[PDB]
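So, a structure with edrophonium in it.
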There are 2 protein chains.
Amino acid sequence: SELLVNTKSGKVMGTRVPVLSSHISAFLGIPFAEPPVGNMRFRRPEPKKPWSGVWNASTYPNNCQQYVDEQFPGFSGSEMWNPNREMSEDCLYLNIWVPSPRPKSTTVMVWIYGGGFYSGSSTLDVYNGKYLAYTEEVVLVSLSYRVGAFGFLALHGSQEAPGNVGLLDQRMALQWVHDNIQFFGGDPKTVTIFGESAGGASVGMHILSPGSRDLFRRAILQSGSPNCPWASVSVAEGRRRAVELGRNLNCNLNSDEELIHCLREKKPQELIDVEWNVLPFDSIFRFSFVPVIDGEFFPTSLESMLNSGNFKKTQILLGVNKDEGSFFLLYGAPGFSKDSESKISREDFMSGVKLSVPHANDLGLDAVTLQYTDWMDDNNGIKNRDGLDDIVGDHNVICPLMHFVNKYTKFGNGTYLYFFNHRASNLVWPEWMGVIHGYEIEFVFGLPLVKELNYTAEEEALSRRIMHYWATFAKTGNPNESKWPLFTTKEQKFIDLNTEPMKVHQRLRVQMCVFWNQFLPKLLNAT
Amino acid sequence: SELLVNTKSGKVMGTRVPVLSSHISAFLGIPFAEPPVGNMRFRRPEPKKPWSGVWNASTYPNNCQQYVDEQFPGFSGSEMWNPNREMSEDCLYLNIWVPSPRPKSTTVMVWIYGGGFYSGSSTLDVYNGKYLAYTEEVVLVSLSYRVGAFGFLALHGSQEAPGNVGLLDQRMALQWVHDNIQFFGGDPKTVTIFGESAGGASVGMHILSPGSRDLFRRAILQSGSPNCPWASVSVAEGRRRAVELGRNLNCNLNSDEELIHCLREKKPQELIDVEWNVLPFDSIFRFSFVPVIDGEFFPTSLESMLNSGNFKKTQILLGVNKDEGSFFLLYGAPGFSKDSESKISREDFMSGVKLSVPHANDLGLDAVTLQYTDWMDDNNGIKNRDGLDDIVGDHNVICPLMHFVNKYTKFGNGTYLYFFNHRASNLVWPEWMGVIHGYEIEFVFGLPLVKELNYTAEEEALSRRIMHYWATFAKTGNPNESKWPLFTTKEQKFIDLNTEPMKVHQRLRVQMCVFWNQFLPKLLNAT
Ligand SMILES: CC[N+](C)(C)c1cccc(O)c1
Ligand SMILES: CC[N+](C)(C)c1cccc(O)c1
């Protein structure tokens, strides 16, 4: 049967799922590793020991333990990212969508979810890969990885809590995908890994890490990149933060071993409850447990790896959303309210800039303000609001990203850059947040095709355009079959991704990113 | 007779000069001090000992020794500022234009010429006050002061070369004007001193210096202010520079006395020939001998005097020209040519920024470039040219000026601000220099009235508008009799001075001046 697949790990019994007016095969909850429960907590992922009999892949697996967003109870706009399944340390599973009839050797797409590394689930409705698989005839895989302390606690030097295990979970699923995707009709030599924000940053990290380059062909980075200010921390900082977490749970802090045994004995929720109290600054767009520059997964500093072309050379497709910042301001910046226009005063604005650049000194904060302030209307509430959004966005997502493309393109084999600036008609978030972080996902996953979701006609088109772009690029290394220009260091071409007839632009936010990528860094170094 | 005037200094025989289709009285070359020749060189100005018999004031006096501009031989646009008379250390004279019939007690206007303190003459044709006097029925006085080493050499602590003597020459003429203007029909209690660039900066210095406040009523500052980066130097710098000048002439440098005797024995031209070799940096818009913050003429630092309201409180009328920088770039910046479009490359642009901010460090130079560069078209020759012009202008004239108005208005009694941005139709300078430094003078002195000068009809109007504004403000402390708004710290209103129907704007170049007045200063201090 089309639902019974044999794999090097065991037999898998999938399920037939309905798509639009047809069907596809669905293999959900396939284990790719040993449950990271018990003294395995914080440990590197273990390979799933093969099984006997058919594994039932007809229902989504559990979700990884993680901070749940209770900020707006019942508000779909926020709950849609919350885990829709029971949480559990036993969460290392992957899901595959397979076209019906099963392909003999088609292109594979692996999705790596986002969540600032502290959250994420492969089972969210927005990550339902049935539409992409059906529409673009691609084998769509969605993996899961330990998030929060569970996946990134880093007691560097220890083997019980090495750090980056969440990064290893991803890799192992990539390995599982490499090793068994042929049995699902997928071509293991044409596997494209794509992700958003933390997933988008993860992708580039696999591009960078030597132990991961050989396991995938092409990559798609959405609103995230390896060098994002919040995507990593030094071994020391990770240590610092690991200890602090221990401190918060009344743990013996005399040795890694005492510390780690302690943390291993505390309930998942116990680590989560105090997870944000370890950050080093009052700040926004900063997450507690993230990848560490350990010298293992990452041979060295990301910048030198970038600088010396020490990374897998291939084709990459990446982009950013118009308003990357809003989301984070509405959640931790004063003056912002989900239900108000959020006109921001200068006192509040200047507070926002302090939360945005936590590492900046007074001069740095002053340089940022000078640059993002209209001194001819410095008391405008709208201009201050928007100014804050651009700051959170440029510094955390768009500028870090432009640095990575510019550096990548130098040695890479084809760069394609998009700028998503279309606000879904049915968006439930206040208008002032604009084209919000993570709201390109639904277009990439072809949600606009399901009419009972009420998208506009041109949004359906947009979704098919992006889905094709995404699927066609994965298949060939080029989004084109009206041509989306190749990104080059000289011309710096890039395009818009909206319901209007695509347009080609140059030098994405140069002014602001020169400041963020070259000037500020220098200033703060000098001072 | 209307030409014979008795004064507390002696009888003066003037001359009748023709204006438009009528006449006026002219008293030119009246001595206000003892010739600063001999061992008097560098010494403070001495009062003119009274004379017997009638003094012949029918021909302009000599001009003060000074660097002559030979950059464009025969080019009127530059020679028009050159001395049109024989130069001589015997140059402390003043000129008065008196309406015919002589007024009984009318408003007096004293003009203090510009020239970056190294040049200037009261006898230039552009400074011919017959038009203003006739048209506005005002007693127009034009003084002269020692310029260059002769007027500003500063061996602070010495009495032979105290420094600022050029500033004292001005004062003494002001005193002479105070003491004898009544005999010419001028009201000594309604004397307005106005000047351009160095004269405009001089004016504000007399506003500041305690020993000068009582000698005038109102002030008009054109394209210059006391705190201009080039208007003053510390006693040390002046000393440093005085010695260096001595070094250049093979002078005993063992004592002020040996040094000064040496300099006193060298010919005027000898000091001039080496006058520019003492500057401390490769730079533009920097002059060798300028006022020194000596603690005598200036009680203390200009900023604290500004900060504590330690200055004469009255009404002031000041402004700037659209393109203050061009002139200085065309003369010392690479890439600029009087006869070319002057499209500037980035290599040349970056050289310009180095010459513009000589005291800036690498970070400072980088902050300036970031701010004045269009990184979306950083290779534009026109944009680089213009960018350089704005830099030389904002930092040397417009921003220093905005700081002085903002500080002044705080304790002042009426501020009126103009922005001259009209390029005379008959301008002989290349179009790219735009509305050039010092080209408002001719409008203020009503040159556009003499048809054989070929101005347009609306330029004639402009000139009468400004002349009235200038004369009406001096008479009443208000330019208005369509109303030129009063400058206030809150609103920051100011107007345009061009052939088009005046318009009111706010916050003159805020963006750029916040950077220049607040950010940069801080940056360079921090680093
Ligand atoms: C904005 C919603 N989404 C789940 C994508 C999310 C949440 C936290 C951090 C992120 O970078 C992104
Ligand atoms: C630009 C011509 N003018 C004589 C007014 C002049 C010359 C030198 C320095 C100045 O600030 C102004």
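All chains are named by letter (A, B, ...) in the order of the sequence lines, taking the proteins before the strands, and each is independently numbered beginning at 1. In listed order, ligands and their atoms are each counted from 1.
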Most-contacted chain near edrophonium (ligand 2) (per UniProt): Acetylcholinesterase
Other chains, non-hydrogen atoms under 4.0 Å from edrophonium (ligand 2): B
Edrophonium (ligand 2) binding site, heavy-atom cut-off 4.0 Å: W81(B), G115(B), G116(B), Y118(B), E196(B), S197(B), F327(B), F328(B), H437(B)
Closest active-site residue (UniProt) of chain B to edrophonium (ligand 2), heavy-atom, 1 Å: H437(B), 3 Å
